[PDB]
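Heads up, this one has amikacin in it.
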Amino acid sequence: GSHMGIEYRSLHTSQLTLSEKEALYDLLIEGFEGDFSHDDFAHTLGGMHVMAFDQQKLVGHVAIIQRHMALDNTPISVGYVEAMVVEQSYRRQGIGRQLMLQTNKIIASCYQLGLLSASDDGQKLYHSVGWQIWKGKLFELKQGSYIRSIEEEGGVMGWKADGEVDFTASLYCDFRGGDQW
Amino acid sequence: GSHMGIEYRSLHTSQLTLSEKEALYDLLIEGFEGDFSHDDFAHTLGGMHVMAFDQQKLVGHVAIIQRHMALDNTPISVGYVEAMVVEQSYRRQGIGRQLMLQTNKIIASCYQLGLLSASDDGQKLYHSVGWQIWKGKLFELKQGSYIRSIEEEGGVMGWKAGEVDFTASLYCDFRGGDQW
Ligand SMILES: CC(=O)SCCNC(=O)CCNC(=O)[C@H](O)C(C)(C)COP(=O)(O)OP(=O)(O)OC[C@H]1O[C@@H](n2cnc3c(N)ncnc32)[C@H](O)[C@@H]1OP(=O)(O)O
Ligand SMILES: CC(=O)SCCNC(=O)CCNC(=O)[C@H](O)C(C)(C)COP(=O)(O)OP(=O)(O)OC[C@H]1O[C@@H](n2cnc3c(N)ncnc32)[C@H](O)[C@@H]1OP(=O)(O)O
Ligand SMILES: NCC[C@H](O)C(=O)N[C@@H]1C[C@H](N)[C@@H](O[C@H]2O[C@H](CN)[C@@H](O)[C@H](O)[C@H]2O)[C@H](O)[C@H]1O[C@H]1O[C@H](CO)[C@@H](O)[C@H](N)[C@H]1O
Ligand SMILES: NCC[C@H](O)C(=O)N[C@@H]1C[C@H](N)[C@@H](O[C@H]2O[C@H](CN)[C@@H](O)[C@H](O)[C@H]2O)[C@H](O)[C@H]1O[C@H]1O[C@H](CO)[C@@H](O)[C@H](N)[C@H]1O
């Protein structure tokens, strides 16, 4: 739909054209001012994109990836939020909020828990739509064994749609290239 | 689109209505003759679905879910194929093949490797569209460390759209029920 003149579309990676993927990369690399690696780009591909347009130009994005984690010893399906960006001139105008409202709806309909790793900019937005900083320990796979993600603790945030999740439990994430969180 | 009198639609789990979800569950229960658990149903939700219809009746389905695995020591992004079924009276008319052609296209656009655990009904079909038996060892997480998935070896199949060593070990991500 469209909200205050911005069109929002929800598209799986498999539904994007090459031109649309190139436009997405340009938006993301600019939005992070270069702090966006090739591995970061891989991490935002493979799930659902919510994309914001002013006329025909892409001006905002967020992706929701499926991840498979453990909450303590229990398997938990995760909607992992990646690569939220609003083009500079469009910021503080509600686009990030609209992207997150649609992201929350996607997570609620598919997964048991939303997770993400926040920037300082992002944290205020995710707080405003009901996410909380994860309070428990974080673990990632290195060479096939779990190690503590000590530096990422305090930066990961979560959201439970249906009911309650123990924010103090330990999370064990699945393996990928680059940054695990 | 359409193919040979059957309509095909691709959609993400997040777009399913409750009625569509219930119809999918009923199709899977009937098509697997009940060999399909609540965990199996969870495993087919969260990714892309390709659905086949005779006019308005759901007659076929396959899902592609994103998984995060290790190939030996290297991370590999996986399109994991779940819950392919065609209603019994519609079988052997090419619906499964059309579902797999669309599945291959989704995997090729999104992931580095396709993987699935086969049934005897599907194995020759998967072979016919490029899939091959995984020859390497399979591992899964139990109590936070990897153990060999010995019973599943020989039944997992893979598809490379590139080059992939089909003798490498695969380390899958953690879920409930059957890991493969
Ligand atoms: C999971 C991840 O992707 S983390 C990475 C987040 N992305 C980045 O850091 C890239 C650079 N930054 C951006 O692209 C943007 O600043 C975003 C995406 C973080 C926010 O997008 P915006 O469209 O500006 O957010 P929006 O206008 O909807 O803000 C909604 C509320 O969130 C809060 N908020 C948003 N941005 C900020 C900010 N920079 N500082 C303080 N509060 C903020 C405010 O409460 C705001 O409400 P208000 O404007 O009425 O005070
Ligand atoms: C990853 C997974 O989902 S594994 C589980 C697969 N699903 C099941 O076992 C549920 C029960 N079985 C079914 O629903 C169906 O038998 C399916 C989905 C496996 C196949 O669906 P169909 O629509 O019948 O497949 P389709 O008609 O496209 O067959 C294409 C080719 O695959 C082969 N094939 C398909 N089914 C069989 C079979 N039961 N026995 C031998 N060969 C078969 C044949 O070579 C066939 O070509 P042909 O008909 O010209 O001889
Ligand atoms: N002290 C070390 C912190 C550790 O490196 C870490 O958590 N690092 C965090 C790793 C995450 N993958 C990053 O995720 C965010 O940005 C990525 C691109 N840069 C996107 O791909 C990702 O989709 C998004 O979600 C996140 O931004 C990083 O946060 C860190 O970098 C931010 C930018 O400077 C800071 O604002 C944060 N306070 C700081 O913790
Ligand atoms: N000997 C041990 C076999 C081991 O249990 C195993 O690999 N078991 C395999 C476990 C997989 N999760 C199953 O996956 C298939 O069927 C599931 C529903 N039953 C779907 O959810 C799944 O989406 C699909 O992909 C797969 O079919 C099972 O295969 C086994 O059961 C099949 C049906 O009887 C046989 O035809 C196979 N030859 C046999 O290996």
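Order of the sequence lines sets the chain letters (A, B, ...), proteins ahead of strands, with each chain counted from 1. One-based numbering, in listed order, for ligands and for the atoms of each. Method of determination (from the header): X-ray crystallography, 1.4 Å.
Within the model, the positions assigned to amikacin, copies included, correspond to ligands 3 and 4.
The name UniProt gives to the main binding partner of amikacin (ligand 3) in this structure is Aminoglycoside 2'-N-acetyltransferase. Other chains, heavy atom under 4.0 Å from amikacin (ligand 3): A.
Counting only heavy atoms, amikacin (ligand 3) sits under 4.0 Å from the following UniProt substrate-binding residues in chain A: A:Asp35, A:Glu82, A:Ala83, A:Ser117, A:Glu151, A:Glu152.
Atom 3 (C) of amikacin (ligand 3) has its closest protein heavy atom at A:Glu151 O, 3.7 Å. The overlap between the UniProt CoA-binding residues of chain A and the residues with a heavy atom under 4.0 Å from amikacin (ligand 3) is empty. Among protein heavy atoms, atom 18 (C) of amikacin (ligand 3) sits closest to A:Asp35 O, 3.3 Å. If you check which protein heavy atom lies closest to atom 16 (O) of amikacin (ligand 3), you get A:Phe32 CE2, 3.6 Å. The PDB header gives the source organism of chain A as Providencia stuartii. Less than 4.0 angstrom separates atom 31 (O) of amikacin (ligand 3) from none of the non-hydrogen atoms of the protein. Looking only at heavy atoms of the protein, atom 36 (O) of amikacin (ligand 3) is closest to A:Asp120 N, 3.0 Å. Checking atom 1 (N) of amikacin (ligand 3) against the protein gives a heavy-atom contact under 4.0 Å. By the 3.5 Å distance cut-off applied to N or O atoms, A:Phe36 is not counted among the residues near amikacin (ligand 3). The largest share of chain A residues contacting amikacin (ligand 3) lies in UniProt domain N-acetyltransferase. Protein heavy atom at the shortest distance from atom 27 (O) of amikacin (ligand 3) is A:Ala118 O, 3.8 Å. When only non-hydrogen protein atoms are considered, atom 5 (O) of amikacin (ligand 3) lies nearest to A:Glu152 OE2, 4.0 Å. Closer than 4.0 Å to atom 8 (N) of amikacin (ligand 3) lies none of the heavy atoms of the protein. Using a 4.0 Å cutoff on heavy atoms, A:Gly154 does not count as a contact of amikacin (ligand 3). Taking only non-hydrogen atoms, the option from A:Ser117, A:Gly178, A:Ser37, A:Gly34 nearest to atom 26 (C) of amikacin (ligand 3) is A:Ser117.
Binding site of amikacin (ligand 3) at 4.0 Å, heavy atoms: A:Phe32, A:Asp35, A:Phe36, A:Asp40, A:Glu82, A:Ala83, A:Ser117, A:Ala118, A:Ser119, A:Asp120, A:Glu151, A:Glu152, A:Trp181.
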